[PDB]
Number of protein chains: 2
Amino acid sequence: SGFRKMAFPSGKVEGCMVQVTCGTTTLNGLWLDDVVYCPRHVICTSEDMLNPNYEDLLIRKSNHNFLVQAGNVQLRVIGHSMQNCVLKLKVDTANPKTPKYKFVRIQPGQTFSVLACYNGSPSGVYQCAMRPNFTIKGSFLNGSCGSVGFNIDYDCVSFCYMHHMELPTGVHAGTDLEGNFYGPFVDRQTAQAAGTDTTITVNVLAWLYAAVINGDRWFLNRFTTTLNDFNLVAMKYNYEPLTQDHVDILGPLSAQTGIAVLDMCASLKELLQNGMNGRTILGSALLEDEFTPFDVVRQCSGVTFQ
Amino acid sequence: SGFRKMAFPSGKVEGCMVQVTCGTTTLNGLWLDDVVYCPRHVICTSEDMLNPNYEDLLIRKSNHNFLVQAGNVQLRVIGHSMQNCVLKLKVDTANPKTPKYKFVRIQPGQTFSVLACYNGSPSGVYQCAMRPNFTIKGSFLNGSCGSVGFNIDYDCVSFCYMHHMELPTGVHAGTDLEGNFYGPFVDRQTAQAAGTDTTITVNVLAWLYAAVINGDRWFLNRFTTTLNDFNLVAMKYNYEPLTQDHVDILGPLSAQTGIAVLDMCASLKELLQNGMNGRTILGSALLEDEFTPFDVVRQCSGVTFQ
Ligand SMILES: *[C@H](O)[C@H](C[C@@H]1CCNC1=O)NC(=O)[C@H](CC(C)C)NC(=O)OCc1ccccc1
Ligand SMILES: *[C@H](O)[C@H](C[C@@H]1CCNC1=O)NC(=O)[C@H](CC(C)C)NC(=O)OCc1ccccc1
């Protein structure tokens, strides 16, 4: 037993990280088949980035201005192009270590693993949630751009995120691998505005279910509640509204625990109005919202990939 | 910026996980060169495990009773032997994906990444600390035995932990890869006693330094303290005593922040006596102690492996 924030095994993605250089900017790219993907601001200098005209900047570049390195061996750029905020470099060699993969645009509230990279070299892996306001709470330094977020189902790697920028708020913003930002963000060095962040209610419930599965059962109470009775309390506390579709997603967890979902909502309601009184749940003094119901079921049994 | 609990990239270790079967028990083994390492209780039935005579149980086994599988391909056992609580299976083929590696016995307070495995197949990765009482707070289900904990320096994998058992307390116990348990534990299914756990003071300070590096600076105060003045407060709160060698380990973090270490101890003293007053530090309502000073410096800049 036990419950930990768990990332996917990163081996399949490690083999796809390369270094992309152009000017003095170096960052990470993703090498799949004969195409390298990286953030398009690799083509900016430090002055460009305040309001870059990316089309005019890319025009001044040719294939040989793009140095791509995988370890110490290397590809040549036989073509380049811009798709939204990513650059695609067509290269000599198809990556021999290309995993089965898809590109997916994930939804707010879903989680993924981030392989943090510097100079094309993997550095660490951790789990993140796409916040309701389309930011992530990451760990990214200069050079980290082009690090990717992914899920593994099967032997199949679903890439969902490429890192581009840190907002002066301290949280992080990026694109899908077609180069479209999550959220309202643009790739320029300007003060940019994330919305109010809300707590992912269905994730908090799933973690309360994980807590019961693991012996933490004190918060379980006497009360019950209705869906709209709870949703009134949810908006008081900036929790995203709970729907019937959320209830049904929790069905498996409800059936393994024998605790009805709105029995679980009633415990959550009192935690929100009464606090935790200095006690803890799965070793945390806060309500955790970065576990999806699938994360919980995975970890609590299943938990197996090619 | 930002600060997250980060595991090492797991690719090098994924290639070493195999399935070891003997009877109906299946668990994970580690395949390095032509030797497979796994917990010796793979040779027990469900009745043996209450007080197994491992030597007498191993004698009834021969090489062909040990089914070792790496993916779907497979090795033959040309020799077996017991070293402390691990079985070593000499096998046909040297693992083509063997990384450069060493076996190390880590010290209390150090951290490592755990690659959780089931049926020889990697499932997830997360970071753990060896507690002062030689347990870890893990996430392990049935079948997880033989999963390993490791560090990466270089391209060099330092294996330090193999998982064996869950204590009725809920925390986890295991051996080094020479088969010697961390702590007083034995591999039998008996109620077993971990000591009082203490908080790793030097790790908490390192995380407070990480907090200051990342903008969380409210806890920084006015006071100072002496080493033994702090150590009196530390034993009140079951914190391990702070020594001069701990101070010097924190030197780098002190010099990047400009905050003297016993200036940092004074802030920690007031957190311990006054609580956090419902505020948070790096998004946590508790004092975190599973980051070493090296973890902090790694993540806060460096953070790069083969
Ligand atoms: C790409 O490597 C970099 C990632 C930033 C670096 C600091 N923390 C991150 O997540 N992205 C940028 O530098 C980005 C470039 C624009 C053209 C998109 N600008 C940016 O994110 O400004 C925020 C910032 C810059 C430098 C240090 C701290 C924050
Ligand atoms: C090895 O796969 C297994 C790992 C346990 C399984 C449950 N959570 C774990 O960490 N180890 C054992 O089953 C161990 C065998 C002895 C001969 C060492 N016995 C044990 O740990 O008992 C505790 C336990 C057993 C089953 C479920 C929950 C706890």
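The chains carry the letters A, B, and so on, in the order of their sequence lines. The PDB entry numbering applies to chain A: residues 1-306, in that order. Using the numbering of the PDB entry, the residues shown for chain B are 1-306, in order. As a basis for the values below, the full set of heavy atoms in this structure was taken, side chains included, without hydrogen atoms, waters or symmetry mates. For ligands, and for the atoms within them, numbers begin at 1 and follow the listed sequence.
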Identify the macromolecule bound to ligand 2 in this structure with the most contacts, using its name in UniProt. 3C-like proteinase nsp5
Hey, what drug is sitting at ligand 2? GC376 (bound form)
4.0 Å heavy-atom contacts of GC376 (bound form, ligand 2) by chain: A, B
Could you tell me whether some N/O pair between B/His164 and GC376 (bound form, ligand 2) is separated by less than 3.5 angstrom? yes
What protein heavy atom sits nearest atom 27 (C) of GC376 (bound form, ligand 2), and how far away is it? B/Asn142 OD1, 3.9 Å
I'd like to know the UniProt domain of chain B that holds most residues touching GC376 (bound form, ligand 2), can you help? Peptidase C30
Yes or no, since that's all I need: does a protein heavy atom fall within a distance strictly under 4.0 Å of atom 13 (O) of GC376 (bound form, ligand 2)? no
Taking 4.0 angstrom as the limit and counting only heavy atoms of B/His172, give me the atoms of GC376 (bound form, ligand 2) inside it, by number and element. 10 (O)
Quick sanity check on GC376 (bound form, ligand 2): covalent bond to a chain or not, and to which residue and atom? B/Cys145 SG
Taking N or O atoms only and a 3.5 Å limit, does B/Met49 qualify as a polar contact for GC376 (bound form, ligand 2)? no
State which organism the PDB entry lists for chain B. Severe acute respiratory syndrome coronavirus 2
Which atoms of GC376 (bound form, ligand 2) sit under 4.0 Å from any heavy atom of B/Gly143? 2 (O)
Backbone or side-chain N or O of B/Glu166 under 3.5 Å from GC376 (bound form, ligand 2) N or O: yes
If I apply the N/O under 3.5 Å rule, does B/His163 come out as touching GC376 (bound form, ligand 2)? yes
Of the choices B/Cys145, B/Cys44, B/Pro39, B/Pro52, which has the non-hydrogen atom that lies closest to atom 3 (C) of GC376 (bound form, ligand 2)? B/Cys145
In the protein, what heavy atom is nearest to atom 19 (N) of GC376 (bound form, ligand 2), and what distance, to one decimal place, separates them? B/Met165 CB, 4.5 Å
Considering only heavy atoms, which active-site residue of chain B per UniProt sits closest to GC376 (bound form, ligand 2), and at what distance (nearest Å)? B/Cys145, 2 Å
With a cut-off of 4.0 Å on heavy-atom distances, which residues and nucleotides contact GC376 (bound form, ligand 2)? A/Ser1, B/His41, B/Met49, B/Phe140, B/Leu141, B/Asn142, B/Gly143, B/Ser144, B/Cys145, B/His163, B/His164, B/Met165, B/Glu166, B/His172
